[PDB]
Amino acid sequence: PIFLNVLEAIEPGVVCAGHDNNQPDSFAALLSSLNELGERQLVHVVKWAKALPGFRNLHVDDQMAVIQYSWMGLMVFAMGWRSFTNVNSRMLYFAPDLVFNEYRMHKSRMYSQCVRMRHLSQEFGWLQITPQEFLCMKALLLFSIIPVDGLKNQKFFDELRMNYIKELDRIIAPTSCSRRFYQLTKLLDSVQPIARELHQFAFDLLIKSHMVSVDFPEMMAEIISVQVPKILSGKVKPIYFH
Ligand SMILES: CC(C)(O)C(=O)Nc1ccc([N+](=O)[O-])c(C(F)(F)F)c1
């Protein structure tokens with residue numbers, strides 16, 4: 001199981017937010033921690049992506065781009081899985097030290113987005129997603145959002161995406177395989193709308209950060225002000241199965 005051996009070997013370990021849970025919840029503190037957690041997670045997402053089979057087949061300029069565009073979606077999918085495996089979807093497990101109950105979902109002003117992520121988390125259980133299906137689907141998510149004007153070398157990207165779909169095919173393997181593929185691709189598509197709502201929220205917050213006492217880390221601020229608007233303005237779009 002060469003491919004799956006690799007995906008398991010490179011899967012990131014636990015990442016903490018550094019949040020002060022021994023203090024009353026406040027919008028400012030909760031979002032400052034979400035931003036810090038995001039910066040911390042981005043570091044791991046980059047190291048993970050660069051270690052994926054065939055990733056070096058991509059043009060160097062397309063490598064960071066694909067990571068930046070897919071970052072939110074990758075985080076959402078992984079968080080949903082952690083929430084399912086750790087707390088049976090009872091709460092959103094952003095990090096061991098940043099678990100969201102409904103009060104925090106409300107305090108964070110990200111309630112609608114959080115409920116959708118809780119639903120995604122429940123889906124992992126309802127569809128009985130296996131750890132191996134999770135790993136392969138998460139990898140495919142990295143190759144699911146591209147620019148309309150094209151990547152430096154679109155062909156290398158198209159080949160890589162096809163190969164990851166083939167690997168998902170193998171993990172699944174007739175009618176039974178078809179039904180499963182339908183379920184998984186539907187689940188994958190469902191991550192994009194959620195990531196979009198989070199992109200919009202992060203963007204709006206960054207623009208008003210100076211007035212809400214929210215602090216934005218260097219790399220995150222860069223992605224949110226440079227890459228995210230490309231997605232929100234329609235220049236960069238997700239690749240839906242359906
Ligand atoms: C508000 C902002 C940009 O900090 C943010 O969405 N942060 C953030 C941090 C971590 C995680 N995570 O999955 O570990 C997520 C999210 F993907 F759940 F939504 C968002």
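Positions are given from 1, in the same order as the sequence printed here. Any value given below was found using the heavy atoms of this structure, including those in side chains, with hydrogens, waters and symmetry copies removed. Both counts, for ligands and for their atoms, begin at 1 and track the order of listing.
Located at ligand 1, the drug is listed as hydroxyflutamide.
In this structure the chain with most contacts to hydroxyflutamide is the one UniProt names Androgen receptor.
The entry models no covalent bond from hydroxyflutamide to a chain. Considering each of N35, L31, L205, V228, the one bringing a non-hydrogen atom nearest atom 4 (O) of hydroxyflutamide is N35. This PDB entry assigns chain A to the organism Homo sapiens. Summarising the contacts of atom 10 (C) of hydroxyflutamide with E197, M72, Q41, the nearest heavy atom is found in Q41. Ranking protein heavy atoms by distance to atom 20 (C) of hydroxyflutamide, first place goes to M75 CE, 3.8 Å.
Protein heavy atom at the shortest distance from atom 9 (C) of hydroxyflutamide is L34 O, 3.3 Å. Of the listed options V15, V45, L198, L198 places a heavy atom closest to atom 19 (F) of hydroxyflutamide. Hydroxyflutamide has no atom lying under 4.0 Å from any heavy atom of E36. For the ligand labelled hydroxyflutamide, residue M220 lies inside the 4.0 Å heavy-atom shell. Scanning the protein for heavy atoms near atom 18 (F) of hydroxyflutamide, the closest one is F94 CE2, 3.3 Å. UniProt domain boundaries put most chain A contacts with hydroxyflutamide inside NR LBD. In terms of N/O distances under 3.5 Å, hydroxyflutamide is not approached by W71. Lab note: binding site of hydroxyflutamide, heavy atoms under 4.0 Å, is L31, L34, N35, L37, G38, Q41, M72, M75, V76, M79, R82, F94, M117, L198, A202, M220.
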